[PDB]
Amino acid sequence: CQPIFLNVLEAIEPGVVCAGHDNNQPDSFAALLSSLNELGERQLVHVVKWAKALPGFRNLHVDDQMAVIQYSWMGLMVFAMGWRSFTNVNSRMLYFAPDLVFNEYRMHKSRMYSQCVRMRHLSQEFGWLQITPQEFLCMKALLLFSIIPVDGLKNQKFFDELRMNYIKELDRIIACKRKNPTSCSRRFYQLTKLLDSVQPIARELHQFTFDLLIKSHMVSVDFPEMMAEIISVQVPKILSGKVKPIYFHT
Amino acid sequence: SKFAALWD
Ligand SMILES: C[C@]12CCC(=O)C[C@@H]1CC[C@@H]1[C@@H]2CC[C@]2(C)[C@@H](O)CC[C@@H]12
C-alpha cells in the first residue's frame, strides 16, 4: 500500500530559497529587515505554488485559495523556518535562509528579539517532541487551513471538508507504528499543542511587520510589492479581529 | 495585483 497523500506532500515540498542578503556588510536593522522582506516576497511565490499543488486545494473557490494563503503565510513560513533551524543547525540559530542565519546578536539587532526567541523555542520543540519529517509535512499543510474570516469564506463548507481531511491524514500518520490508542491520543495532543503555539508567534510578527510598514520610510526598510499589499490589506483584518486562527485547545 | 497574477 503506497502512501499517496504523503507521497504528494514530499514531492511538492519547496526547495531552498535564498534571501539575497549581503553578509559582507556589518549588520544593520534596515538591511536585515529589508532582506527578511525580500525573503518573504520570494517565499510567497513558492508557498503559492506549493499550496496550489496540495491535494484538494483547487476545489476551494479561487478567492478563498488566495485568502487562506494571504492569512496563513506567516505561520506557514515561521513553521518551516523552525524546522530548517532544527534540521540544519540543531536550533542553535534561526535559519531563515542559507544566506540569512540569525545568531542572538542579529535577533537583537532586528528589534524583534522576543519573537526570535519564541521561534527558537519552536525550533527546539521539533527536537524535544521528536517530530518526524512526515509529521512536519502534514502539520505544515494543516497550518494553511488554520485561520479564517469571521464572516466566512465564499465556500466555507468546502474549506471545512478539506481541513477535516488533513486532520484525518495526520491521524493516520500518528497511527503508523502506534498500536496503542492512548499513545495516538497523547501524540495528537502534543502535535495540536505545537500547532497552536505557532499562532501567538505569527500574531506578534503580524503586529511587528504592520508597524514597520507604516514607518518603513522613516527607518529605511524596503517592502516588496506583494508583501506591502498583503500587510496593508489582509494583515490588518487579522489584527483587527476580523480574521482569526482556529485553535485546537483553550 | 502581482499576487493575484499567480492564478492567471
Ligand atoms: C516570514 C519571514 C521570511 C520567511 C521565513 O523564513 C520566516 C520569517 C519570519 C519573520 C518575517 C519574515 C518576512 C518579513 C517580515 C514579515 C518582517 O517584515 C518582520 C517579520 C518578518
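Going down the sequence lines, the chains are called A, B, C, and so on. We number chain A the way the PDB entry does; in order, the residues shown are 669-918. We're sticking with the PDB entry numbering for chain B, so the shown stretch reads 99-106, in order. In each ligand, atom 1 is the first atom listed, and ligand 1 is the first ligand listed.
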Tell me which chain touches ligand 1 most, using the name in UniProt.
Androgen receptor
Help me out - what's the drug at ligand 1 named?
dihydrotestosterone
Could you check which other chains have a non-hydrogen atom under 4.0 Å from dihydrotestosterone (ligand 1)?
A
I'd love a list of the residues lining dihydrotestosterone (ligand 1) within 4.0 Å - heavy atoms, by chain and number.
A:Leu701, A:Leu704, A:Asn705, A:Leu707, A:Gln711, A:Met742, A:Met745, A:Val746, A:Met749, A:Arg752, A:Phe764, A:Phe876, A:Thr877, A:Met895
May I ask you to check whether A:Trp741 has an N/O atom sitting below 3.5 Å from an N/O atom of dihydrotestosterone (ligand 1)?
no
Which residues, listed by UniProt as 17beta-hydroxy-5alpha-androstan-3-one-binding in chain A, lie less than 4.0 Å from dihydrotestosterone (ligand 1) by heavy-atom distance?
A:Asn705, A:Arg752, A:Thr877
Which UniProt domain in chain A is home to the majority of contacts with dihydrotestosterone (ligand 1)?
NR LBD
State the atoms of dihydrotestosterone (ligand 1), each with its element, that fall below the 4.0 Å cut-off from a heavy-atom position in A:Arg752.
6 (O)
Distance to 0.1 Å, residue and atom name: give those for the protein heavy atom nearest to atom 11 (C) of dihydrotestosterone (ligand 1).
A:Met742 SD, 4.3 Å
Report the nearest protein non-hydrogen atom to atom 13 (C) of dihydrotestosterone (ligand 1): residue, atom name, distance rounded to 0.1 Å.
A:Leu704 O, 3.3 Å
Which of the numbered atoms in dihydrotestosterone (ligand 1) are below 4.0 angstrom from a heavy atom of A:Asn705?
14 (C), 15 (C), 17 (C), 18 (O)
State the atoms of dihydrotestosterone (ligand 1), each with its element, that fall below the 4.0 Å cut-off from a heavy-atom position in A:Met749.
6 (O)
List every atom of dihydrotestosterone (ligand 1) that sits less than 4.0 Å from any heavy atom of A:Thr877, numbering the atoms from 1 in the order shown and giving each element.
16 (C), 17 (C), 18 (O), 19 (C)
Just list the N/O pairs, dihydrotestosterone (ligand 1) to protein, that are under 3.5 Å apart, with the distance for each.
{"unit_1": "dihydrotestosterone (ligand 1)", "atom_1": "6 (O)", "unit_2": "A:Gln711", "atom_2": "OE1", "d": "3.4"}
{"unit_1": "dihydrotestosterone (ligand 1)", "atom_1": "6 (O)", "unit_2": "A:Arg752", "atom_2": "NH2", "d": "2.9"}
{"unit_1": "dihydrotestosterone (ligand 1)", "atom_1": "18 (O)", "unit_2": "A:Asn705", "atom_2": "OD1", "d": "2.7"}
{"unit_1": "dihydrotestosterone (ligand 1)", "atom_1": "18 (O)", "unit_2": "A:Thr877", "atom_2": "OG1", "d": "2.8"}

